[PDB]
Q: 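What follows is a single structure, and I will ask about it in a moment.
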Amino acid sequence: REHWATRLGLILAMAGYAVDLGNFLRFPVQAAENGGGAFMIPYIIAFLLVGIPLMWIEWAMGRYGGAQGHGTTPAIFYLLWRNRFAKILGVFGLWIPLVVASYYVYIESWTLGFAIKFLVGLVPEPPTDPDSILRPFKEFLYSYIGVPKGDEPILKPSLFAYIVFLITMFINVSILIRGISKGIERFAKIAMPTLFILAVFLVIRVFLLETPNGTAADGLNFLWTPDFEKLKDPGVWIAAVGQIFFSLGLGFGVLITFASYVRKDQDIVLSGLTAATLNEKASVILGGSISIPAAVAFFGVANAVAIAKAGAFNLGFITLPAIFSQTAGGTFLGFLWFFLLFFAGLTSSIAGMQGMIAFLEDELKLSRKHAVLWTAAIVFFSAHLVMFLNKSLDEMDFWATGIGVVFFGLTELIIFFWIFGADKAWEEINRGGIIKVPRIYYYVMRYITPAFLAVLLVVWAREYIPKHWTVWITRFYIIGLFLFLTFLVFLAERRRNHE
Ligand SMILES: COCCCC/C(=N/OCCN)c1ccc(C(F)(F)F)cc1
Ligand code: NA
Ligand code: NA
């Protein structure tokens, strides 16, 4: 079985996964909409009562399974719980990242394409007024994606956008086919520094942004000025818990696959706590210092609420590009921004697609080449649904991330900490650990963490269970994916009986 070479690279790859577009875009929006600086109160608590405990568990399950030559949840759940229902629930952790990858890699290709178009100067040039600046870029994005003009739910992406997607896939395969250490870990040692440099530079250039409408100081002002009156809203505490899941990448079975390449007695306590902190630092220090400030600096603090309500996607694919076409040398700033984003996603997309690569290796005994080429084949095929069918992207995100963070994460708790046994579990986490997990966390892992995860589920349940016909096309496919994966798991246990 393959293994991580260095402890540094391990943390960088785990952080590589955790840090992506959400750190720079999603997180700053959630904070401003939910109390600003006051949002740091429930966010840190959730980091301590949910994020950190659950992180350690996925690291534990991974290493525990990796020592037995299994990196995925269909096998691992069957090791924590000798049952048929454990193998089925395990498929979900093979299904979730595979669904995300069907849309995630494609959006990752957008950043790359934009980065290319921005670098060569193939971008709109306005013209005055805010809608006169945004519209040439709103339309720039819509022509790349192929946003439907008529009533049809049909997208028509550009040939270029399609070609960049093919290139993005090829890049992923390039890194992935070289393996854990010589591919992912090697690239994680190059990307993360390159990422940090790009962030710092953008942070610096943004703080220098001065327009007649405002400054960057007004941006960091609006974003971080605490509104404690919003702490009364349960929805703020719900968003915070949800944000931590999203921030750390919990409930997608990605960590579990990675940790399974960590050796039997190597530390997972301190190593995890490090990679987790790197992401949080990247979010609060770098991510919340670029997007929102630059948005407020150009449009003023008067539109700061409107900007945050416009969503994270508009902020990063329309708003910020439009601001860049108005600043000195902003076309290169557009390129550094989209190249910052491209790497952030790429370090995540190679991480997520590994689970399916691991399965084909560990359970179906496929070579690494075949495992990558078929995984690439599957994600490439399924992506055509995202590329051509309008709102298919949303349906996949809803089901994958929805079930992923709200169902499957809780399942990891119960199986490992309630079915497999809390004491046996606790030893598996602390074993070989440089530092030991605080004795208080035993109660947080066993009660507090699943109690929260139950509530996040239920509130999510009570709102989304009640909440067009073409959505069935996407549902039809992703269900077909689950059946397909059940079948592979089925074939996996039948090959093992023969040998
Ligand atoms: C809402 O956008 C999708 C996020 C799902 C979780 C995500 N975490 O990555 C870094 C944490 N912020 C993720 C999961 C799977 C994949 C992959 F596409 F690689 F499977 C990529 C990102
Ligand atoms: Na993150
Ligand atoms: Na990443």
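The residue numbers of chain A are those assigned by the PDB entry, with the residues present covering 5-131, 135-474, 480-511 sequentially. In each ligand, atom 1 is the first atom listed, and ligand 1 is the first ligand listed.
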Q: Wondering which of selgantolimod, vaborbactam, pregnanolone, fluvoxamine shows up at ligand 1 - can you check?
A: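 Out of the options, fluvoxamine.
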Q: Main binding partner of fluvoxamine in this structure, as named by the PDB entry?
A: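 By contact count, the main one is Transporter.
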Q: Taking heavy atoms and a cut-off of 4.0 Å, what residues surround fluvoxamine?
A: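 On a heavy-atom basis, the binding site is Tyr21, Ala22, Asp24, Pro101, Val104, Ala105, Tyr107, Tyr108, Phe253, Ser254, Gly256, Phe259, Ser355, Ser356, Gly359, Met360, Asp404.
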Q: Help me out - which other ligands and ions lie under 4.0 Å from fluvoxamine?
A: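 Under 4.0 Å from fluvoxamine, the others are ligand 2 (sodium ion).
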